[PDB]
**Q** 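Opened a PDB file with Bestatin bound to Endoplasmic reticulum aminopeptidase 1.
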Amino acid sequence: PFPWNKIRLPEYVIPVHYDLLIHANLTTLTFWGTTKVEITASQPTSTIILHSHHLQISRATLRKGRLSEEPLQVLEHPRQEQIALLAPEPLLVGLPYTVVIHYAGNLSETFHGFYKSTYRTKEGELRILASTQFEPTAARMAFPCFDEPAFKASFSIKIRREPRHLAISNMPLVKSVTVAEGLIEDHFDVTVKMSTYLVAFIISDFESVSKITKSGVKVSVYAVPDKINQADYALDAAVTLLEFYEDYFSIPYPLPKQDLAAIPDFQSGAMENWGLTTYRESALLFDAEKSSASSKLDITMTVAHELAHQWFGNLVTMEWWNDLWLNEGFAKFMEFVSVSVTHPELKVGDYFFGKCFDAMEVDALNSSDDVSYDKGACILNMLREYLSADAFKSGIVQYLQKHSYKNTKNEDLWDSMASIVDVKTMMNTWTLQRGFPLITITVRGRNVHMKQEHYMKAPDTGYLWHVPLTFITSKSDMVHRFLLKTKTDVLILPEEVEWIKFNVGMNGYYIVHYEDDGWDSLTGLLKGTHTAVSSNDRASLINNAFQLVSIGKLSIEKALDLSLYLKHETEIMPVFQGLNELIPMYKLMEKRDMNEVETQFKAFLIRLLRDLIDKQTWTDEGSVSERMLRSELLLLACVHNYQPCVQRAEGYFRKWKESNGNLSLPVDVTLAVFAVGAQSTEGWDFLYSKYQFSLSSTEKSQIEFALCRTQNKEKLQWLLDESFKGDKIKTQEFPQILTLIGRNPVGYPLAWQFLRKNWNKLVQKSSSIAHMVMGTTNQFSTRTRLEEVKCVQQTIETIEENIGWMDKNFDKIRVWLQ
Ligand SMILES: *[C@@H]1O[C@H](CO)[C@@H](O[C@@H]2O[C@H](CO)[C@@H](O[C@@H]3O[C@H](CO[C@H]4O[C@H](CO)[C@@H](O)[C@H](O)[C@@H]4O)[C@@H](O)[C@H](O[C@H]4O[C@H](CO)[C@@H](O)[C@H](O)[C@@H]4O)[C@@H]3O)[C@H](O)[C@H]2NC(C)=O)[C@H](O)[C@H]1NC(C)=O
Ligand SMILES: CC(C)C[C@H](NC(=O)[C@@H](O)[C@H](N)Cc1ccccc1)C(=O)O
Ligand SMILES: *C1O[C@H](CO)[C@@H](O)[C@H](O)[C@H]1NC(C)=O
Ligand SMILES: *[C@@H]1O[C@H](CO)[C@@H](O)[C@H](O)[C@H]1NC(C)=O
Ligand SMILES: [Zn+2]
């Protein structure tokens, strides 16, 4: 008869200090433990409820003292993942007791809790390690505890191990003691007050490289012995970032050391474990044969994210999981603030707003986690730019200092910052409400009118925000603020302006629309002097215009006249906005009869980017986003028979066919070159042969693309059947080829006519196949093309939209083009 019926633990029995002894066998894959918890009762009681999961409790007793011990009855409630310890007599309030529990268990084979993980040496031998992953609720798998983040305590952790291994944990190793023949007991120092999910220990045979920060904090990277030489980058990144955070938060790194460990088969793939963060090997290790340029960038931000938690989230952790979004939101946001300073060469800035746009697009739906954590960061950025960067900085410092080693709620962050503007009430409009507002700007003389409304793709919501508006003016030279608390508000300028732009820097989590013809002046501004506003300002314009176009508040030509400025753009962010909203348009024309508009449109696009495309070096140099633009520009140009790039491309492909595939080819350009090369029936075949010795590389996927891009319909249809056969390739690729051909202007009918025919035997191999049903019909725009198609319930909608868009815009695009 279990004495507790709540998922949450009783609040009247409180842990103070854990003494953990874990003895794990990395051969038999089992572990025994003796954990002792010092507790205090605030109310009299003879039952102690706590957390346990998949642990066989051998023995539990209660100690007090001058010493006295007594057995505890043990009841399990596996559903709730809880135990109950029954005492003979009630506990004396305020008096310190100690619970001693003996238990045993099998190392997790599920990559959570205290789990087994493996790797193979270059010699090919298989090694075992034991590792931890507790967030959110897995500590109870390694040892019994009060497994809620509010129950903080100190931890004395002891690991028994073989001499061929080494244990690392949260705190530094104090002493190693030979305990028996093949047994050593590692004692690590007592932790500071922390939550269970942040406790961690690793048993393995890793190497390490170590550097010492300016403040004397020892930073080390542990990795598999064969790969330890790839930690040099992460280690340096860790050191400089730790130093950054110590300055920013104006609070010294709380712990004696910081250990970053690269874990085989890690599935998180990063964790904020206090003093011992863990990562997937690709997020920490770097080879001169890198997975990509993105990896360096990838690992420089994954680190920065986990290191930021050392302060925000560990030193001051949430009270409960409902605030996890703030923990994660802040770490994401901090990825940028830190790196932008620390590693400017990486150009992290671009990728931030991308995720903000991504978040918004999803919030704009009827329905409304990593993206929710992206909104958190976006929100924070908004707030940080409203209040000065320093007001923000100090407010955070105060938050950390006031709540160090304790727990927190959302309001606590707001309260702390609001004490340096009713931040709390404002922020809750953004936190307790799904979606974001569309903001319409109406000007009447010096009278500037603002209005807000819940922006969503029937339309009837009463949502209302406290929005931190910002704006610049053809006259002003400085950025203005205005707090929009109501449905509408006015604002009076000292004099009439030639143009006004809101959401400066694109730092705010909202889209703005200009009434009358503010767009006219803005697109007039961009075509005259586009540098008059920031790069991101230009990007937000392009982005908002084409969104407003898709909801019927802006006319397609107004947003196209806008893009005309792009002929002069040099910055990545805007160009990608342009491309992201323009391309899809002709991909709907491609799957339609009318070829004249399709061709004039493509002609228009290449005349816009002409200059930019020419400036492209045909190398692999530059930052991740610089390389992504080079890659996409060239591919585009050659796909649209822009002669200059097509010619060059042909040349390169010839030098590489007669190579044969021997001389190296820059990955940025290979996508275009292969594409061009696959156009000849002999080049297509060469690629297909070279397609096997592709080395399971990135190169394979590049060819796979080029092959599907040929205009030879027989060679396309051919790829279709063969990737369905067992002999040449089967399940691992067909789904992706089908969609790739479904996007070829001359190959879409085949993939459609194929999904229909072979449908029966096709379904024969239903959650990952939805990709194939979208990628085959996603871009139809005809009413009749619908009569045909009549899980993938979404694909039916998206076409409906494609048609509306066409019935409205096609006639405007046609006239525009002339
Ligand atoms: C996880 O669990 C394993 C068992 O599953 C523990 O492994 C045992 O560890 C002990 C201590 O390291 C090993 O003991 C050694 O046995 C030797 C004789 O071999 C016996 O066992 C082997 C292997 O099965 C048989 O082939 C052989 O026929 C025998 O039956 C002894 O010679 C060793 O002597 C040691 O003790 C003497 C006396 O004090 C000393 O003088 C020696 O110098 C030396 O210290 C030793 O007793 C035992 O063999 C291991 N098992 C196996 C199967 O090999 C792991 O220790 C444990 N590890 C962890 C990290 O938890
Ligand atoms: C966004 C990245 C830079 C960092 C990210 N990692 C994190 O956010 C970590 O701090 C998280 N601790 C990862 C996590 C969250 C929830 C449950 C288990 C593990 C990751 O992708 O691994
Ligand atoms: C051809 O080039 C490859 C490197 O791409 C090289 O490893 C190989 O040895 C070369 N073949 C020669 C030089 O005969
Ligand atoms: C570990 O698993 C085995 C079965 O593979 C089981 O018999 C054994 O009792 C388990 N050990 C525990 C639950 O402590
Ligand atoms: Zn995190």
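One is the number of the first residue; the rest follow in order along the sequence. Structure method, as recorded: X-ray crystallography, 3.0 Å. Both counts, for ligands and for their atoms, begin at 1 and track the order of listing.
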**Q** What ligand or chain labels cover Bestatin here?
**A**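 Copies included, the answer is ligand 2.
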**Q** At what residue and atom is a covalent bond to Bestatin recorded in the entry?
**A**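 Covalent bond: none modeled.
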**Q** Specify the organism recorded in the entry for chain A.
**A**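 According to the entry, Homo sapiens.
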